[PDB]
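The block underneath contains the structure these notes are about, expressed in structure tokens.
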Amino acid sequence: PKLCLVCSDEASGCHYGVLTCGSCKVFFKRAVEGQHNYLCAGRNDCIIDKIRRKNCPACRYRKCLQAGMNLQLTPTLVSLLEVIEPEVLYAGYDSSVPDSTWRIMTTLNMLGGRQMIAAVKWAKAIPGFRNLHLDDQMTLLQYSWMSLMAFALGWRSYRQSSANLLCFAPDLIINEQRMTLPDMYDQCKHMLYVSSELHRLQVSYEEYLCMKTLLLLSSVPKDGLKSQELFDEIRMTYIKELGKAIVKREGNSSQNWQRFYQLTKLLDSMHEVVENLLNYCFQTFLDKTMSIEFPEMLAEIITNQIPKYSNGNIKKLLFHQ
Amino acid sequence: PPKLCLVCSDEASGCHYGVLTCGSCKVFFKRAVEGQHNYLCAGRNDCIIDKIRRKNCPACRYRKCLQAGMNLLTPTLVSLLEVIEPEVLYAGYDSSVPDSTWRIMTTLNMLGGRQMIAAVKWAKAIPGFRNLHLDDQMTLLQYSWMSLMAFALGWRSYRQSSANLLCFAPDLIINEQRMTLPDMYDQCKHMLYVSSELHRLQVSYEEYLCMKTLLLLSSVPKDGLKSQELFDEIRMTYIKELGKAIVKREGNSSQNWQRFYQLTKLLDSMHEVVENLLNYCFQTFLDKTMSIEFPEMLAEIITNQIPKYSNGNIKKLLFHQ
Amino acid sequence: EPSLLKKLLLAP
DNA sequence: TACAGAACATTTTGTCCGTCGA
DNA sequence: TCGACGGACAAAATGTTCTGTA
Ligand SMILES: C[C@@H]1C[C@H]2[C@@H]3C[C@H](F)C4=CC(=O)C=C[C@]4(C)[C@@]3(F)[C@@H](O)C[C@]2(C)[C@@]1(OC(=O)c1ccco1)C(=O)SCF
Ligand SMILES: C[C@@H]1C[C@H]2[C@@H]3C[C@H](F)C4=CC(=O)C=C[C@]4(C)[C@@]3(F)[C@@H](O)C[C@]2(C)[C@@]1(OC(=O)c1ccco1)C(=O)SCF
Ligand SMILES: [Zn+2]
Ligand SMILES: [Zn+2]
Ligand SMILES: [Zn+2]
Ligand SMILES: [Zn+2]
């Protein structure tokens, strides 16, 4: 992969004594033939890379000379997760009336409660989860609810735009400008981590479906589950299923391998993202001064959960360490 | 008499988008806004936007558009910080040879040692620093050295590319494929937070130089310094100086306070970045079986620092509480 | 003694 | 009278592909 | 044969004029 000694773009040959790409060859020929008394808007040391080579013609021409230039239906397990995926819910927000810190937080609580209605139904339809004991089912959803909603939020934001957004609902998107104000700043930094990594990794839909499942199976009781033997076969099967999705992408064994490493590191870092989103949810729930309203669906989970984090009764599962 | 464009200083056509701009800057702005452009600067976010050099940096021209207010000799303290800013060092890396995890870390530790020899010279050149007591001067450098070097690494990595890469030196840059292998995935995630935050914030050269100075004045002993009253005055001089940089950058944006909130929020997050980086550093230093080499300069600091962070003999100074 | 940092600090 | 987006236009950069020399 | 010139073409980035509407 010969690199252009001027802009690092894939070189096309040894042009004018220097290994350069097509563009730098013709730029150089033009910069000497034309009188071109090029000016630098900076400090005569602008970085010349493929994207910014258009930027400073004075530094690019300077760099050219410095280099040396001169003259069968059979349903798949993954396709079931795709079919069971719930449809995106609307926040019921009204952009018409002014924006408010109370209105936003409360609307998102109501949307999260409705989203928890589908989170339970979606879990029931997971091949293997319906086999688990009712209290293992009800507890796995309790331990990893914030994980599912934040990952799906990260996914919705990743799919919504390349911009730093938070896409809670199709009718409620908090642009970068709004989430940098102090009222949203610290909490949004954690909500944005997910979409930041989904973009970085270019996570596919089939990779996301397996990852979102592995998140439902990511937090168990510190004294283990009732249907624990069964749980370990379901979890192991979805780990294998994630690898199947990674294969459908590139096909190079080492590429596929590092992709698995990075995606499992992501599933792992989710415990830290949940850890910080729970901290602000518990602070706004227990604070009478706040007035932010939580729906009966979400409030029920929060009341059960706060004494579980205070008593260390959780065994966070990690692919690494 | 010729009315001038408040963006490029070319004969203005009228009051376009609130500002008295010329026909070209007017259409450039409308294109850059609705074209949802991601412009990366080849310089240091402060290129001169004048009639000849308006074609050069579109990232800066779109900033001088927003600092004008578009919508749909006497040396200053910061000019001195620019002048005392150290020259970029080379790792002396043999890039045409097979790489190792030990080799890279040893090389980097040796480079960090040379950087300390430069950062001590840079520190003495900061007006007021040589005015503190020697036990305070040493303590400031001992506490904030990783903070200094990682913040400067973020700037070098920000400048070097829009891609996720750590530009330690021109001859030792670690690409995303290499930073995500298990041997160095977690350490690189913290060093990469700085360059991605400087990237997100479009931090200008002036704001950067002031924040870097404030990183030197970000940590103090648990029982205070010897010349604490002078230290507080110097620290507050550079906070006033960072605010002057924000006024220069934003101009007529109205978001000077919001800008300061974000930059000071980043200055605070540097403690967390450094705490993570230090934990790998100390752990590696003490691990005899790793046998990685550390320079005499740094090994003296590390050894005379490990029983201070554990003994809570540090008071991390935060803007936000 | 002292540290290389102390030695480098007072060295005008 | 003016300013905004469209219409037209110019300038700056980058690609293709012969021809030709070692 | 191979690989690099350079013109021809093309694409991208920038600039100017025209026209609709207060
Ligand atoms: C920090 C908490 C966590 C927030 C929830 C995160 C969850 F991932 C989620 C995803 C959605 O698609 C829709 C809603 C939720 C379930 C959630 F965003 C909301 O209820 C709000 C929660 C609890 C949270 O978020 C914020 O700080 C926040 C969001 C926007 C600005 O601040 C709150 O504690 S809101 C206080 F009740
Ligand atoms: C994670 C630690 C922190 C590393 C230092 C960070 C600092 F910002 C820095 C910048 C430079 O330009 C050159 C060197 C240092 C001073 C530093 F990179 C090195 O010493 C190595 C440090 C301590 C560190 O780095 C890594 O793991 C690492 C970086 C890239 C791959 O691995 C180590 O602990 S290496 C052993 F100390
Ligand atoms: Zn090039
Ligand atoms: Zn330049
Ligand atoms: Zn102009
Ligand atoms: Zn610029």
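Letters A, B, ... mirror the listed sequences (proteins, then strands); counts begin at 1. In what follows, every heavy atom counts, from backbone to side chain, and hydrogens, waters and symmetry copies are set aside. Every number for a ligand or one of its atoms is a count from 1 in the order of the listing. Technique stated in the header: X-ray crystallography, 2.7 Å.
- Present at ligand 1 is the drug fluticasone furoate.
- Here, the main chain in contact with fluticasone furoate (ligand 1) is recorded in the PDB entry as Glucocorticoid receptor.
- Lab note: other chains with heavy atoms under 4.0 Å from fluticasone furoate (ligand 1) -> A.
- By chain and number, the binding site of fluticasone furoate (ligand 1) (heavy atoms under 4.0 Å) reads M105(A), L108(A), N109(A), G112(A), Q115(A), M146(A), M149(A), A150(A), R156(A), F168(A), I174(A), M184(A), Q187(A), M191(A), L277(A), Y280(A), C281(A), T284(A), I292(A), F294(A).
- Counting residues of chain A in contact with fluticasone furoate (ligand 1), the top UniProt domain is NR LBD.
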